[PDB]
Amino acid sequence: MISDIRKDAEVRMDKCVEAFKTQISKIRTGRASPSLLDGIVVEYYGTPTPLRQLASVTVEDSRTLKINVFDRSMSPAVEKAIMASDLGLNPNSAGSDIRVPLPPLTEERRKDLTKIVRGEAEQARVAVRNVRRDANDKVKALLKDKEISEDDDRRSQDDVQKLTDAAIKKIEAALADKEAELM
Amino acid sequence: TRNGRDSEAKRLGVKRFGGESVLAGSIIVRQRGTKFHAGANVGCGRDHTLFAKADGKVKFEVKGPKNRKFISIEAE
RNA sequence: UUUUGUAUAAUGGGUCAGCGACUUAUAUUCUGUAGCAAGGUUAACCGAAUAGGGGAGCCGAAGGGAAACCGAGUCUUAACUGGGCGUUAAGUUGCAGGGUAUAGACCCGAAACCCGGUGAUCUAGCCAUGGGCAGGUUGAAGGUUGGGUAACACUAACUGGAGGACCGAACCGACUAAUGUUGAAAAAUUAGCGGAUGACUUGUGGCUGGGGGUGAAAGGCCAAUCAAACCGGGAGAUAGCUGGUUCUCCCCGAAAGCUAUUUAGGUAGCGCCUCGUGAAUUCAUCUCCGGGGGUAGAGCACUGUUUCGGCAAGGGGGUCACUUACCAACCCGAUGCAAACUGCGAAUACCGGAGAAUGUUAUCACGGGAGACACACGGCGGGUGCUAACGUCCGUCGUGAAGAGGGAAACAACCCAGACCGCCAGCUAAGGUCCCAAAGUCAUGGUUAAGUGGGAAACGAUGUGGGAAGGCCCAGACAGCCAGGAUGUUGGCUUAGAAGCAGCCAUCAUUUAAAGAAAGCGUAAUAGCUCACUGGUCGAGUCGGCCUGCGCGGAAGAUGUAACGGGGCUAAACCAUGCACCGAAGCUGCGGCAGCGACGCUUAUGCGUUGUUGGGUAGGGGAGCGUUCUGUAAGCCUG
RNA sequence: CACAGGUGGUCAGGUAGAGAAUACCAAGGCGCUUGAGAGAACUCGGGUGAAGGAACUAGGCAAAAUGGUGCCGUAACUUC
RNA sequence: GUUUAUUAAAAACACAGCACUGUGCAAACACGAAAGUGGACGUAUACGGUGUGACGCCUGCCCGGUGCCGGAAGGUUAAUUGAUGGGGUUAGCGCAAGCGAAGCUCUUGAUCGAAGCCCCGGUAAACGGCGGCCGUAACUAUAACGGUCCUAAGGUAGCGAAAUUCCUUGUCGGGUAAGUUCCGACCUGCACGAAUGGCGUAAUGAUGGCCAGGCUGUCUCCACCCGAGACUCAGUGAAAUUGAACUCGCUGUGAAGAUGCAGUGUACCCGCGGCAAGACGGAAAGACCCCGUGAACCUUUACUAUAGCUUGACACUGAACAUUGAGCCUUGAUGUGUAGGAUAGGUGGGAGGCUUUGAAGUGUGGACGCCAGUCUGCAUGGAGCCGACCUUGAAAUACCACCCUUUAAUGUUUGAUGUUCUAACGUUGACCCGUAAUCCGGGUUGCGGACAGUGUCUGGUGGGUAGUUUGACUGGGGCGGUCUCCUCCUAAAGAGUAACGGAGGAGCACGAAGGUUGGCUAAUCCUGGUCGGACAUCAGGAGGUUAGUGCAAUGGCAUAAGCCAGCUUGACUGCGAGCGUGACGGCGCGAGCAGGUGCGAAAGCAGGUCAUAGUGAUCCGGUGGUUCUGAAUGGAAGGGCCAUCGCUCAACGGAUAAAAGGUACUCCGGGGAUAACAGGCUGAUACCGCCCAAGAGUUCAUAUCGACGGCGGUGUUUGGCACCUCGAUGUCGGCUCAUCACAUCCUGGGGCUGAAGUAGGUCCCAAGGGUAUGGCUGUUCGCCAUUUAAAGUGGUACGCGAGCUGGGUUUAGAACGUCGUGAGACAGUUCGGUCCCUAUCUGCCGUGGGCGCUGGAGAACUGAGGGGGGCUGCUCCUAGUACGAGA
Ligand SMILES: NC[C@@H]1O[C@H](O[C@H]2[C@@H](O)[C@H](O[C@@H]3[C@@H](O)[C@H](N)C[C@H](N)[C@H]3O[C@H]3O[C@H](CO)[C@@H](O)[C@H](O)[C@H]3N)O[C@@H]2CO)[C@H](N)[C@@H](O)[C@@H]1O
Ligand SMILES: NC[C@@H]1O[C@H](O[C@H]2[C@@H](O)[C@H](O[C@@H]3[C@@H](O)[C@H](N)C[C@H](N)[C@H]3O[C@H]3O[C@H](CO)[C@@H](O)[C@H](O)[C@H]3N)O[C@@H]2CO)[C@H](N)[C@@H](O)[C@@H]1O
Ligand SMILES: [Mg+2]
Ligand SMILES: [Mg+2]
Ligand SMILES: [Mg+2]
Ligand SMILES: [Mg+2]
Ligand SMILES: [Mg+2]
Ligand SMILES: [Mg+2]
Ligand SMILES: [Mg+2]
Ligand SMILES: [Mg+2]
Ligand SMILES: [Mg+2]
Ligand SMILES: [Mg+2]
Ligand SMILES: [Mg+2]
Ligand SMILES: [Mg+2]
Ligand SMILES: [Mg+2]
Ligand SMILES: [Mg+2]
Ligand SMILES: [Mg+2]
Ligand SMILES: [Mg+2]
Ligand SMILES: [Mg+2]
Ligand SMILES: [Mg+2]
Ligand SMILES: [Mg+2]
Ligand SMILES: [Mg+2]
Ligand SMILES: [Mg+2]
Ligand SMILES: [Mg+2]
Ligand SMILES: [Mg+2]
Ligand SMILES: [Mg+2]
Ligand SMILES: [Mg+2]
Ligand SMILES: [Mg+2]
Ligand SMILES: [Mg+2]
Ligand SMILES: [Mg+2]
Ligand SMILES: [Mg+2]
Ligand SMILES: [Mg+2]
Ligand SMILES: [Mg+2]
Ligand SMILES: [Mg+2]
Ligand SMILES: [Mg+2]
Ligand SMILES: [Mg+2]
Ligand SMILES: [Mg+2]
Ligand SMILES: [Mg+2]
Ligand SMILES: [Mg+2]
Ligand SMILES: [Mg+2]
Ligand SMILES: [Mg+2]
Ligand SMILES: [Mg+2]
Ligand SMILES: [Mg+2]
Ligand SMILES: [Mg+2]
Ligand SMILES: [Mg+2]
Ligand SMILES: [Mg+2]
Ligand SMILES: [Mg+2]
Ligand SMILES: [Mg+2]
Ligand SMILES: [Mg+2]
Ligand SMILES: [Mg+2]
Ligand SMILES: [Mg+2]
Ligand SMILES: [Mg+2]
Ligand SMILES: [Mg+2]
Ligand SMILES: [Mg+2]
Ligand SMILES: [Mg+2]
Ligand SMILES: [Mg+2]
Ligand SMILES: [Mg+2]
Ligand SMILES: [Mg+2]
Ligand SMILES: [Mg+2]
Ligand SMILES: [Mg+2]
Ligand SMILES: [Mg+2]
Ligand SMILES: [Mg+2]
Ligand SMILES: [Mg+2]
Ligand SMILES: [Mg+2]
Ligand SMILES: [Mg+2]
Ligand SMILES: [Mg+2]
Ligand SMILES: [Mg+2]
Ligand SMILES: [Mg+2]
Ligand SMILES: [Mg+2]
Ligand SMILES: [Mg+2]
Ligand SMILES: [Mg+2]
Ligand SMILES: [Mg+2]
Ligand SMILES: [Mg+2]
Ligand SMILES: [Mg+2]
Ligand SMILES: [Mg+2]
Ligand SMILES: [Mg+2]
Ligand SMILES: [Mg+2]
Ligand SMILES: [Mg+2]
Ligand SMILES: [Mg+2]
Ligand SMILES: [Mg+2]
Ligand SMILES: [Mg+2]
Ligand SMILES: [Mg+2]
Ligand SMILES: [Mg+2]
Ligand SMILES: [Mg+2]
Ligand SMILES: [Mg+2]
Ligand SMILES: [Mg+2]
Ligand SMILES: [Mg+2]
Ligand SMILES: [Mg+2]
Ligand SMILES: [Mg+2]
Ligand SMILES: [Mg+2]
Ligand SMILES: [Mg+2]
Ligand SMILES: [Mg+2]
Ligand SMILES: [Mg+2]
Ligand SMILES: [Mg+2]
Ligand SMILES: [Mg+2]
Ligand SMILES: [Mg+2]
């Protein structure tokens with residue numbers, strides 16, 4: 001009945017938002033953001049797996065970013081792994097901490113980059129909006145097969161709305177501070 | 001789920017009590033089990049109802065080791 | 001009027017006058033009444049006509065059975081020990097009344113259905129026959145000519161005068177806005193506006209007719225009316241709905257429930273009311289006697305739910321069936337919880353036997369007439385809800401309903417109390433007694449000081465009463481003032497610094513009267529610094545838990561004080577006791593009327609004393625008034 | 001209704017005018033069957049309006065505005 | 001161009017053009033019981049119908065469903081024909097019991113029988129339809145690709161946030177200072193898409209949306225002027241309305257929003273002009289909503305009829321020849337299961353018929369034929385093939401019987417098709433007379449011709465038409481759900497007791513699972529025990545009915561009602577003292593009596609089942625018995641009496657044998673008995689506040705905050721309720737004019753600050769005044785631009801239509817999406833769409849009259865009391881000072 005698609009609609013949604021958060025994690029703002037490296041493909045001596053399984057992705061300041069590691073025979077091995085990976089980060093081999101700098105918001109970055117997140121935001125909305133479409137298609141469907149009451153439909157067609165609405169609030173307000181990381 | 005139905009009342013119980021008058025054939029108690037039992041001149045029916053096989057006075061009592069209730073009729 | 005309920009801001013009525021609604025006919029039953037009686041009575045008709053004839057016929061004295069049949073019996077059944085229905089109960093015909101059946105059947109009222117007629121003088125379409133379109137534009141085809149071509153194509157003038165063509169009056173229309181909206185007008189006026197040679201516009205006459213027409217199609221038009229015209233009919237269609245229902249006095253007096261229902265705002269049987277007939281101490285209260293209870297409450301053996309402990313299979317994990325940190329059933333002990341648990345188990349309630357008082361038979365049966373089956377609030381027990389609702393659904397009682405009076409400011413439903421009538425008399429109830437405003441500025445003992453009283457909780461506070469106990473203290477306590485407050489010692493300390501020191505660890509170890517390796521101000525770390533502790537000083541009380549009354553904060557709303565009715569109250573508040581008084585349509589006292597009994601005088605019973613009853617809606621029962629008309633009446637009153 | 005509505009055909013003067021539009025006139029016909037005064041709000045119909053110019057409003061509703069003839073001259077698009 | 005005369009002029013209708021389809025003329029078609037008439041004095045280059053809607057580029061896939069167009073082989077079938085059997089009667093045979101001739105009669109219904117349907121085929125510019133799921137690309141993401149299911153088949157071209165888009169103000173872009181609209185994109189098309197047409201299009205348009213110049217009193221923000229009313233005077237003289245009025249406020253009360261109640265406050269008497277907050281003001285028995293076993297029209301695969309259309313039979317209706325669909329059929333054949341001296345009748349007789357009264361098998365003139373085989377007209381043939389054969393579930397075409405399969409011809413016989421004929425009948429060909437007549441009749445003639453057509457009967461079709469139906473309960477209705485029956489709880493220790501209250505079960509089973517006699521005794525745990533576990537069976541102990549009851553629950557049950565056996569039919573017929581329970585109809589219990597059984601030695605027990613569900617009235621009719629009835633009599637028929645049969649009449653006391661829907665085109669009777677606005681009750685929810693203090697706050701709980709929890713206040717959100725109003729309380733927003741609260745937005749006065757200054761934060765006090773213009777949308781709201789000291793939150797019928805507006809929103813028009821077969825429908829969207837009222841009372845703004853104030857008059861006053869006003873920026877000096885490292 002409605003029950004096991006009210007909860008079904010719900011999981012599909014608040015796991016829709018937790019992809020957005022996840023794909024505005026692979027952008028480069030001014031700020032340090034260690035979760036930038038903490039999702040990078042990297043080889044080392046046998047198998048893939050990110051650098052999570054090797055170094056601490058720490059910080060030095062808002063505009064720089066220390067890489068505390070254990071083992072000092074792969075410093076060039078990862079350096080290239082990082083310095084060829086669609087980011088544009090030249091790591092200094094100052095020794096010890098693979099210094100990766102954070103070059104500033106160049107304004108053609110405060111913008112156009114910003115345009116990307118609030119676009120990526122929008123498509124995350126669309127996915128949610130479409131969980132909506134389905135969720136109550138099931139509702140509407142199990143009505144014209146007399147298993148619901150008009151009332152029970154109506155109170156289920158809304159509330160699905162309540163799920164969309166709130167779920168958007170999460171998308172929108174996770175984007176909104178992420179916009180502060182440049183504005 | 002759907003509740004909301006029940007049977008008719010079957011209007012059971014004691015019909016003539018202790019030391020009532022009552023002529024033979026009259027019913028003394030409707031019951032489902034033999035909550036009461038048949039004493040002297042009071043034959044239990046297929047109902048489990050206890051009528052009387054003699055004009056007389058009703059008498060409740062309790063004999064035996066299971067301590068169960070018997071309806072007698074004191075002769076009259 | 002309708003309602004649970006109406007000043008209701010719910011219906012109806014501008015007022016008066018006159019008219020305006022339970023009838024008529026025939027059956028049928030009951031009642032009253034009259035005659036005749038195991039008989040009663042005739043109908044049509046005759047009639048010499050309310051007579052008298054006429055007894056066809058109807059009802060009754062006999063029933064039982066499906067019937068044949070039998071008959072004071074019969075049926076049942078092979079038959080009944082028996083059972084069902086009858087015999088033990090007078091009927092019938094008029095007259096008056098109460099119902100019912102058929103009828104319009106109290107009156108008014110639909111939207112509609114059917115029949116037959118009248119309507120195309122409005123309007124839709126069509127058919128004949130006649131009218132109408134100022135003025136100004138553009139310039140199709142076609143023609144002529146010249147240029148051009150190898151000839152055509154091509155091109156230029158000029159001519160010509162097409163078009164549901166252009167602008168624009170008349171005429172046709174009706175997009176906008178104001179006005180008008182008891183108009184100048186039941187669809188217009190004013191300023192703008194679309195068409196204006198066309199599928200245009202208009203005059204006369206004609207044709208199409210109602211489930212029919214007509215429709216460049218809106219359900220539009222068919223005479224100010226159209227999802228079926230108008231007029232007359234069937235017709236007083238039907239109205240389980242709404243409204244209304246007209247004189248007076250007496251007695252009783254409900255229901256808003258059950259059960260069934262194309263049933264739910266209707267109806268029927270039952271319940272309840274009324275009237276009649278009849279019948280036993282019938283019925284009720286209380287007393288004793290004979291009964292079954294499984295509810296309140298409690299309990300945890302059962303069923304389940306549950307916490308601690310002990311005990312433990314197994315379950316969960318380490319092995320290469322074992323150990324096990326861990327979640328652990330059963331049993332055991334301690335402890336709770338239950339509408340659908342009970343080894344317990346009340347109070348009430350109910351049934352039955354007896355008995356006395358009282359009770360206007362209050363009881364049962366039968367019969368005549370009903371009404372009613374929308375309930376409401378309150379108390380108590382509950383389901384529902386939120387132990388929300390002026391909520392909803394049951395049980396039980398009370399009141400309103402259908403009941404006035406006094407109280408609760410006002411306030412159907414609460415408190416008090418049941419109004420036959422008169423009284424310028426009396427006692428009370430509930431509620432009251434400072435003024436409004438009838439009666440205590442009453443008596444005594446407390447409390448509160450907040451206008452608490454006269455609105456609100458968790459919680460907060462040396463408010464202020466009462467009670468029983470505690471600790472400390474002239475070997476000097478409680479506060480205050482004087483002082484000391486030192487040294488293991490930085491304490492070691494992952495201590496970059498902490499030594500009380502966000503941290504570190506323990507907190508044990510010197511000393512003296514006493515001073516924590518530490519209570520906080522606190523430093524970069526020192527630390528300057530008060531504490532705790534102790535000596536003095538002062539000199540008799542001080543400390544804070546328990547039980548308890550009253551009060552304080554917690555406390556913000558909208559028109560106006562507006563959270564005692566008001567004034568105002570420090571008692572005019574609160575608690576306790578007492579005695580007074582005021583207070584009602586209650587009780588009493590006089591006087592009167594009526595229904596029902598009783599005694600005494602006395603019969604158609606008047607009656608004296610007396611006992612008792614007399615709110616009332618639906619509704620039943622009883623008794624009258626007055627109007628018009630007939631007889632009495634050629635009487636009587638009357639210029 | 002002595003109703004600001006409806007009602008088919010005829011006639012076609014002067015000046016301006018393209019005109020049967022329109023203004024003024026002729027011929028002819030009328031002032032509309034309650035008057036008198038006042039010179040408030042407010043409504044009705046109208047005139048003018050500083051600076052601003054759609055800020056109004058659902059909306060430029062309403063108003064304001066353009067308006068004749070002659071000659072120059074005129075873009076996209078087009079079924080030419 | 002047309003249209004809702006009188007709220008809609010549009011995107012609606014018409015249109016030319018396109019297509020589908022029907023019509024050979026006495027056209028189809030329409031009006032006409034008919035005659036006739038239109039169509040048309042037309043003739044397929046015509047006429048009718050349906051859809052589309054100039055033009056341009058185009059118009060895809062789907063025939064399964066419903067339609068329509070073809071079919072025939074059968075299957076099924078009408079009237080009709082009346083085979084065949086059954087029965088009534090009674091001449092006669094009968095001791096009687098019976099039997100039963102004809103005839104007359106009541107049945108039964110062989111055979112014949114068309115279309116339709118079944119079925120097969122076609123058709124979409126017929127109605128109409130055009131999918132799901134699962135995976136897949138070196139990172140992600142997506143999926144050109146694969147799989148699978150389902151279909152009739154799964155949306156091509158073009159188009160797309162649209163007249164279509166819910167979420168939506170989608171996102172991006174432009175335009176603007178600011179744009180819910182607009183324009184350009186995108187595609188995530190809830191739910192576009194190809195003549196119920198798709199996509200474009202110059203021109204047209206009192207058509208929908210957006211922008212810009214000009215212009216302006218539309219607006220900042222109103223001023224002045226001219227006129228018609230309004231005002232005064234004279235003349236004439238209405239209206240709705242009206243229980244009655246001696247007709248104030250405030251706060252409470254109250255049928256719940258008070259001139260009239262309670263308390264209180266204020267108020268000398270009466271007009272005139274003005275305003276519209278109130279008298280739930282006027283007007284119209286509310287249109288919304290619901291109810292009525294109300295009404296209309298309307299739709300349809302609702303029901304029942306029916307005109308029409310169509311099939312056959314009989315009649316009108318005659319004469320002739322032939323063909324063949326055929327039930328059946330004498331002359332007679334028709335024929336390999338597995339193991340064959342072989343293409344074996346169900347299975348049998350049975351011991352020479354044909355030869356002599358013309359026959360092998362080697363050709364095959366006829367030929368079946370699965371081209372594998374063969375009977376053998378006429379004889380060739382010129383005196384014996386051969387059979388129970390040793391195989392076979394069974395031995396010979398060795399002779400002959402009716403023939404399960406198949407097949408073939410007389411007679412004729414079921415009945416169908418064809419031709420010819422002319423004399424019925426038709427003639428909407430010509431000519432003739434009545435007759436100077438496109439009617440009519442008669443006559444001649446040609447054509448047609450027993451056809452057509454018509455009447456009676458009969459199958460089908462039949463929303464063309466007509467009559468109706470389409471339940472109720474319900475915390476309004478609808479939607480869901482429910483409707484009889486049984487058990488527990490609610491149920492307040494007798495009975496009973498309601499809700500859309502909390503839980504479950506029944507619409508049967510069993511010939512034994514019934515009867516009786518005899519006998520027997522569980523569950524669970526512990527211990528031992530092969531497969532063997534928590535539990536299969538065995539042993540023992542504990543246990544003691546926790547098991548078992550055919551099944552829900554409750555009551556029962558050891559004397560068992562539980563379990564086994566033997567014998568059995570009491571799962572008996574008549575009755576029934578006396579009770580139980582029902583308004584009733586009914587339902588239940590019952591000893592005992594009669595008769596007749598079974599079981600037991602006997603006492604006794606048995607009229608179904610441990611009990612409580614397991615069911616359906618009456619009518620109507622079937623069946624069996626029974627002289628009870630019997631329309632002159634005898635019989636019969638029919639009726640009665642007994643037994644029994646037919647119903648998810650379940651909406652389960654069953655309105656019919658027989659029934660669904662629309663109405664926004666609507667209508668009428670009703671109701672505040674009953675929903676929607678506003679009020680009232682409530683306060684779960686909301687909002688505002690408070691209690692506790694782990695924690696955040698570098699350290700520190702309370703500067704600022706605060707988890708797990710807790711207590712309130714308000715009336716103020718979402719709600720619940722149905723008290724008021726349905727003989728009418730106009731709904732959102734705007735405008736104008738407001739008025740109160742304080743939970744204070746600014747300005748004023750303070751405390752704490754994690755307050756240096758400046759500027760903040762939080763709290764207390766404070767309601768005096770003040771508290772924005774715009775873009776967008778109907779919006780309140782909100783986002784946005786830009787101001788301001790600030791752009792406060794509430795109450796006031798979510799203040800304010802007898803003050804304005806009419807954008808939103810609910811009438812009638814229209815359309816798109818979507819739903820429906822349709823009428824229509826949407827709490828979807830789009831374009832259009834009549835806003836009445838002259839003020840009696842209250843109140844209010846103004847302004848007069850009267851009287852009083854004590855003899856009267858003229859002034860000037862005192863001021864009890866009432867109202868008005870009460871806002872705030874910047875700059876500057878103080879001073880570049882205090883403070884600050886500076887800024
Ligand atoms: N071809 C048969 C025809 O029968 C006719 O006779 C008719 C009647 O006479 C005859 O009726 C006879 C009856 O008479 C005689 N007494 C008894 C016989 N059983 C009946 O026969 C009839 O009745 C039986 C039922 O009983 C039915 O099956 C059916 O109607 C008929 N067979 O049945 C015939 C019709 O059914 C004529 N004889 C004649 O036209 C011709 O022969
Ligand atoms: N119209 C253009 C085409 O549209 C296609 O669209 C098709 C796809 O989206 C989709 O195809 C899927 C296929 O991808 C998937 N892997 C398997 C699935 N069975 C297919 O389904 C398709 O094909 C099968 C027949 O085999 C049909 O049954 C089904 O209706 C159809 N949708 O179904 C659509 C066809 O109906 C593709 N986009 C591409 O081939 C092309 O663009
Ligand atoms: Mg009422
Ligand atoms: Mg009443
Ligand atoms: Mg009252
Ligand atoms: Mg009033
Ligand atoms: Mg009134
Ligand atoms: Mg009224
Ligand atoms: Mg009235
Ligand atoms: Mg005419
Ligand atoms: Mg023209
Ligand atoms: Mg024009
Ligand atoms: Mg119009
Ligand atoms: Mg005009
Ligand atoms: Mg008209
Ligand atoms: Mg009609
Ligand atoms: Mg009438
Ligand atoms: Mg009649
Ligand atoms: Mg019923
Ligand atoms: Mg209890
Ligand atoms: Mg334990
Ligand atoms: Mg009780
Ligand atoms: Mg008693
Ligand atoms: Mg009596
Ligand atoms: Mg009656
Ligand atoms: Mg009722
Ligand atoms: Mg009731
Ligand atoms: Mg009740
Ligand atoms: Mg209660
Ligand atoms: Mg009173
Ligand atoms: Mg009170
Ligand atoms: Mg009073
Ligand atoms: Mg007293
Ligand atoms: Mg007094
Ligand atoms: Mg005193
Ligand atoms: Mg107070
Ligand atoms: Mg001291
Ligand atoms: Mg307090
Ligand atoms: Mg006292
Ligand atoms: Mg007294
Ligand atoms: Mg008195
Ligand atoms: Mg009295
Ligand atoms: Mg007296
Ligand atoms: Mg009395
Ligand atoms: Mg009385
Ligand atoms: Mg009385
Ligand atoms: Mg005049
Ligand atoms: Mg006139
Ligand atoms: Mg003129
Ligand atoms: Mg005049
Ligand atoms: Mg003027
Ligand atoms: Mg002007
Ligand atoms: Mg100006
Ligand atoms: Mg100017
Ligand atoms: Mg300008
Ligand atoms: Mg605007
Ligand atoms: Mg305009
Ligand atoms: Mg103008
Ligand atoms: Mg036009
Ligand atoms: Mg119109
Ligand atoms: Mg045509
Ligand atoms: Mg069209
Ligand atoms: Mg197509
Ligand atoms: Mg767009
Ligand atoms: Mg479409
Ligand atoms: Mg179209
Ligand atoms: Mg006058
Ligand atoms: Mg009030
Ligand atoms: Mg008032
Ligand atoms: Mg006035
Ligand atoms: Mg009404
Ligand atoms: Mg119909
Ligand atoms: Mg209903
Ligand atoms: Mg009980
Ligand atoms: Mg059994
Ligand atoms: Mg036994
Ligand atoms: Mg074991
Ligand atoms: Mg006879
Ligand atoms: Mg006879
Ligand atoms: Mg419509
Ligand atoms: Mg319509
Ligand atoms: Mg009505
Ligand atoms: Mg109400
Ligand atoms: Mg109200
Ligand atoms: Mg109610
Ligand atoms: Mg109620
Ligand atoms: Mg009104
Ligand atoms: Mg305050
Ligand atoms: Mg705070
Ligand atoms: Mg604006
Ligand atoms: Mg705004
Ligand atoms: Mg603009
Ligand atoms: Mg409002
Ligand atoms: Mg108005
Ligand atoms: Mg509108
Ligand atoms: Mg006015």
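So you know, we letter chains A, B, ... as the sequences are listed, proteins then strands, and number each from 1. Indexing begins at 1, ligand by ligand and atom by atom, following the structure's order. Excluded from the calculations below are hydrogen atoms, water molecules and symmetry mates; all remaining heavy atoms, backbone and side chain alike, are included. Readers should note that the entry appears only in part, and the reported contacts come from within that part. Going by what the header records, the deposited coordinates were determined by X-ray crystallography, 3.0 Å.
- Of foretinib, paromomycin, darunavir, the drug at ligand 1 is paromomycin.
- The name the PDB entry gives to the main binding partner of paromomycin (ligand 1) in this structure is 23S ribosomal RNA.
- The other chains with any non-hydrogen atom less than 4.0 Å from paromomycin (ligand 1) are E.
- At a heavy-atom cut-off of 4.0 Å, the residues contacting paromomycin (ligand 1) are E/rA83, E/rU84, E/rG85, E/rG86, E/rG87, E/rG103, E/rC104, E/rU105, E/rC106, E/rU107, E/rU108.
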